[PDB]
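Structure note - netupitant present.
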Amino acid sequence: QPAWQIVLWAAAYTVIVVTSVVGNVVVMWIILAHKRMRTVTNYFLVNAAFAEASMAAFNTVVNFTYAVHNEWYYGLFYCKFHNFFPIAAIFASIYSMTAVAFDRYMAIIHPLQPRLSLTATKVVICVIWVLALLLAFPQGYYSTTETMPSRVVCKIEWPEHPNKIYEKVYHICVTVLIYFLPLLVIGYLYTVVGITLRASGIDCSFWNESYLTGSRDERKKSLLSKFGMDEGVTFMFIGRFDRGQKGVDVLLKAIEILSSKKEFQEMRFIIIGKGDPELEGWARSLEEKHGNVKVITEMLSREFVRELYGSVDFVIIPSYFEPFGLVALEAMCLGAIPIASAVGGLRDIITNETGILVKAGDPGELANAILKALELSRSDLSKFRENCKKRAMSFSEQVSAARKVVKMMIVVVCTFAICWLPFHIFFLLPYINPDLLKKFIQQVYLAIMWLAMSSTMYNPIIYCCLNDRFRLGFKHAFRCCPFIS
Ligand SMILES: Cc1ccccc1-c1cc(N2CCN(C)CC2)ncc1N(C)C(=O)C(C)(C)c1cc(C(F)(F)F)cc(C(F)(F)F)c1
């Protein structure tokens, strides 16, 4: 191999070393030196930054030179460290990222359950390092320098056994512990969290009362006149007509219960949806029997639905099953006060001060909640509507912020997975097809090892790109340079 290629490879590995050391040291300064940054998540990130900066500072140069010149000149202790540290460092790093993913999963999926205190996170960090050092110990213990037979090499001398079963089992278990298992765990955690956050998202640039015109009373009166009705307290339902799911059968039973009451004269109902023909026929018979009931089975534009949310008094959401409840957020953003089953995301979003909640599947409690809404309508409802809108906005703000942090950690984990896949494939291939034929293998090995080692420099760059606080910290760290002011 020509020397100019060696100089280029040496420059590339040097870029890894300097980028990883500078970026991870600045990350540790950004977290440790600023009291607002001292959180559970940032403590695990500091631990990962320490492990990655250490592996880059203390392994990369000799890994390169030994790959290029296959004689070991660096002593016995460094031979042990060379085979010991990378395993412990990658273990500590990836399990710190796994702890971060678990902390986010707990905060979003089980908010009531206690999470780690800061001292508990320091204990977990020490435990992670103890397990990492114990896992890496055998490689350190069996490493030795020896002529093979005439020139010195650093080699792991495993106890001779049944066709090297001990090294094979150890290599497989390490590859599982530092790659496949943590990736599967983090992938489960962030799949559940990312789906939950995206399904709890709403477009506030559309579902927004600012795009309606006039007073709410003029809008409601114009809407009821468009449906041919006299003014009254207006309840709206929108959803599929089915049994055991979206609850239109519960609402129809509740309307039948209310129809004998005198208060029924003051109510108006708009039932929007399609589905089970029996439920459609039941709704149409209620629509013909009663002049204060209207049914819409045709599909509606989201603009017309936004107009409805901004005009009706209440939106009834009698779901048996509602994991995320974006429909509650749409109603509350437009000032419609929700009347909903206390299940799932509805129970999470709506509060006593921002809506009326009922037991799912109970037409009588839904009818009583509708009568309660009618009692409330005699008074001004402006404050109630303001509370609904404020709750929907603040819930949406938290969702977007969590989505940004989760997107950053997903980019972190995907980058780790990409950087280490070729490395583990290169070392697992002999078991599958033992033909590592040169075929430019040293160039392939230098490239694969460069990608693997470069994994240690990306996280500070990812933090600077995808997190405002880390970008501000990097600006503060590099203020001297003629860019930042
Ligand atoms: C034991 C092991 C675990 C995981 C992946 C590969 C192996 C492995 C297996 C075999 N075997 C089995 C297959 N067959 C070829 C016979 C010999 N030989 C050499 C291996 N390696 C590369 C190492 O031990 C050392 C130098 C300690 C190392 C590990 C990592 C790690 F963190 F990824 F683990 C990262 C780095 C660094 F990035 F710094 F370069 C260096």
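Starting from 1, each residue takes its place in the sequence as its number. Whatever order the structure lists them in is the order used to number ligands and atoms, beginning at 1. What's counted below: heavy atoms across the whole structure, side chains too, no hydrogens, waters or symmetry copies.
Of the chains near netupitant (ligand 1), the one making the most contacts is recorded in UniProt as Substance-P receptor. When distances from atom 16 (C) of netupitant (ligand 1) to the protein are checked, no heavy atom turns up under 4.0 Å.
TM segments of chain A (UniProt, N to C) within heavy-atom distance under 4.0 Å of netupitant (ligand 1): 3, 4, 5, 6, 7. Contacts between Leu428 and netupitant (ligand 1) below 4.0 angstrom, taking non-hydrogen atoms only, are absent altogether. Using a 4.0 Å cut-off to heavy atoms of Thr175, the atoms of netupitant (ligand 1) that qualify are 4 (C). With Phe427, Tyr170, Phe81 as candidates, the residue nearest to atom 22 (C) of netupitant (ligand 1) on a non-hydrogen basis is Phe427. Residue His424 touches netupitant (ligand 1) through its side chain alone, judged by heavy-atom distances below 4.0 Å. Within the structure, the closest approach of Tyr431 to netupitant (ligand 1) falls below 4.0 Å when heavy atoms are considered.
By the criterion of a heavy-atom distance under 4.0 Å, the side chain of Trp420, and not its backbone, is placed next to netupitant (ligand 1). UniProt lists residues of chain A as binding CP-96345; of these, a heavy atom under 4.0 Å from netupitant (ligand 1) occurs in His171. Close contacts of netupitant (ligand 1) with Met453, meaning ligand atoms under 4.0 Å from a residue heavy atom, involve 37 (C), 38 (F), 39 (F), 40 (F). Within the 4.0 Å cut-off (strictly below), a protein heavy atom is located near atom 3 (C) of netupitant (ligand 1).
Contact annotation: for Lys168 versus netupitant (ligand 1), there are no heavy atoms closer than 4.0 Å. Those atoms of netupitant (ligand 1) that come under 4.0 Å of a heavy atom in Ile178, given as number and element, are 31 (C), 32 (F), 33 (F), 34 (F). Contact annotation: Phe85 has no heavy atom less than 4.0 Å from any atom of netupitant (ligand 1). Using a 4.0 Å cut-off between heavy atoms, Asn83 contacts netupitant (ligand 1) through both its backbone and its side chain. Distances from atom 41 (C) of netupitant (ligand 1) to the heavy atoms of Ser454, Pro138, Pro86 put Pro86 nearest.
An N or O contact shorter than 3.5 Å links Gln139 to netupitant (ligand 1) by distance. In the structure, no covalent bond to netupitant (ligand 1) is made by any chain. Atoms of netupitant (ligand 1) found under 4.0 Å from any heavy atom of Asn63, numbered from 1 in the order shown, are 37 (C), 39 (F), 40 (F).
Applying a heavy-atom cut-off of 4.0 Å to netupitant (ligand 1) picks out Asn63, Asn83, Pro86, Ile87, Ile90, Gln139, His171, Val174, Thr175, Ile178, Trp420, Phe423, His424, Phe427, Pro430, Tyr431, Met453.
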